[PDB]
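Here we have a structure that includes BAY 1217389.
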Amino acid sequence: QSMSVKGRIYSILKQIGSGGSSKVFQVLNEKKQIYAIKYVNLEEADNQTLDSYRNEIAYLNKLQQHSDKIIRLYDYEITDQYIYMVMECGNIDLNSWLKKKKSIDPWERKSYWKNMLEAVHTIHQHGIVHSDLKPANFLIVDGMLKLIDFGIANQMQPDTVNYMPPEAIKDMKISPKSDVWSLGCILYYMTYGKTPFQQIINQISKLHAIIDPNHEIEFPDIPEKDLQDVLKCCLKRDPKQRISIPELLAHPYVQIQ
Ligand SMILES: COc1ccc(Oc2cc(NCCC(F)(F)F)c3ncc(-c4ccc(C(=O)NC5CC5)c(C)c4)n3n2)c(F)c1F
C-alpha cells in the first residue's frame, strides 16, 4: 500500500504505534531504506490538539541542530486535513528491549543513562519539560538512545503511573525536576528490575505512597555505590531538594572511567 509525502512515495512495512487521531508506520522508500512516518488526521480539529501538534513539529524541527539524542526528522507535509512526518526508524524501543532482559550490563546501563540525560538536558535548555517520561519514550538506534517525543502531544503508545512524580499529584507546579524523578524511576527499574512501586497495586494507595514522606523507598545494596547515590538523589520528594540534570551530568556515576 503506497503513500505520498512531498511527492516521494512510501510503501508501508507496518504500523508500530497508535493513539488519538495519529498512527506511526515503519515504511520503505524508493531505494529500499527504512523510516517511521507519523500520520495525523486533522478531520477532528480539536483546536487544542491542533496547536499541540503544530507546536510539536516546530520544536522537533528546532531540536535537529542541538542534539542527536533526539529522533531525526527528514520531512513533513501538513495541510488542514493531515500531517505526515517522515522520521528515523529505530531498531527497538527501550521499553521492549528491557522486558526481553534479565541482566543489563552495568556499562550499557551507564551509556543509556548518559544518553538519557543528554537528551533531557537538551529539551530543558529550550524550556520543554516532558513530565511523562517512561521507557517507551526512548529508542535504540545503533547503540545510542534517542528521545522520541517531548510531551507536547497526547502521545501514542506502542502497538502506568509508576513514573508519575510527587509534585504532579499534590498540584491538582511542573519544573525540570519532575523529569529527573521519572528518570530516576527509569534508572531504578534498570538496576533493580522494577520501578519503585511495581509492587503496590491499590492505585489510591500507590499515589499516597508516591507522596507519603514516611514511606521509605527501599534502596537495596548493589555492586556500585555511585549508582545507588545517583538513585537516592533523584528519588527525593522535595523538588527543591532533588538533584538537577546539570548536577546529574557532573555526577561521579557518569563521569568516572
Ligand atoms: C509514546 O508513543 C510511542 C509510539 C510508538 C512507539 O514505538 C516506536 C517503536 C519504534 N521502533 C521501530 C522499529 C520497528 F518496530 F519497526 F521494528 C520506533 N521507531 C521510530 C519511532 C517513533 C518515531 C517518532 C514518534 C513521534 O511521533 N514522536 C513525536 C514527533 C515527536 C514516535 C511516537 C515513534 N518508533 N516508535 C513508541 F515507542 C512510543 F513511545
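Throughout, numbering of the chain's residues begins at 1 and tracks the sequence. Whatever order the structure lists them in is the order used to number ligands and atoms, beginning at 1. Method on record in the header is X-ray crystallography, 2.8 Å.
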Q | Main partner chain, BAY 1217389, name from the PDB entry | A | Dual specificity protein kinase TTK
Q: Please name the UniProt domain of chain A that makes most of the contacts with BAY 1217389.
A: Protein kinase
Q | UniProt ATP binding residues in chain A within less than 4.0 Å of BAY 1217389, heavy atoms | A | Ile16, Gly17, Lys38
Q: Name the source organism of chain A according to the PDB.
A: Homo sapiens
Q. Relative to BAY 1217389, which UniProt active-site residue of chain A is closest, and at what minimum heavy-atom distance to the nearest 1 Å?
A. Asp132, 7 Å
Q. What residues line the site of BAY 1217389 at a non-hydrogen cut-off of 4.0 Å?
A. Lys14, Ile16, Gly17, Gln26, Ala36, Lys38, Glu56, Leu60, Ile71, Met87, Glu88, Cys89, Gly90, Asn91, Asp93, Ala136, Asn137, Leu139, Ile148, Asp149, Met156, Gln157, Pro158
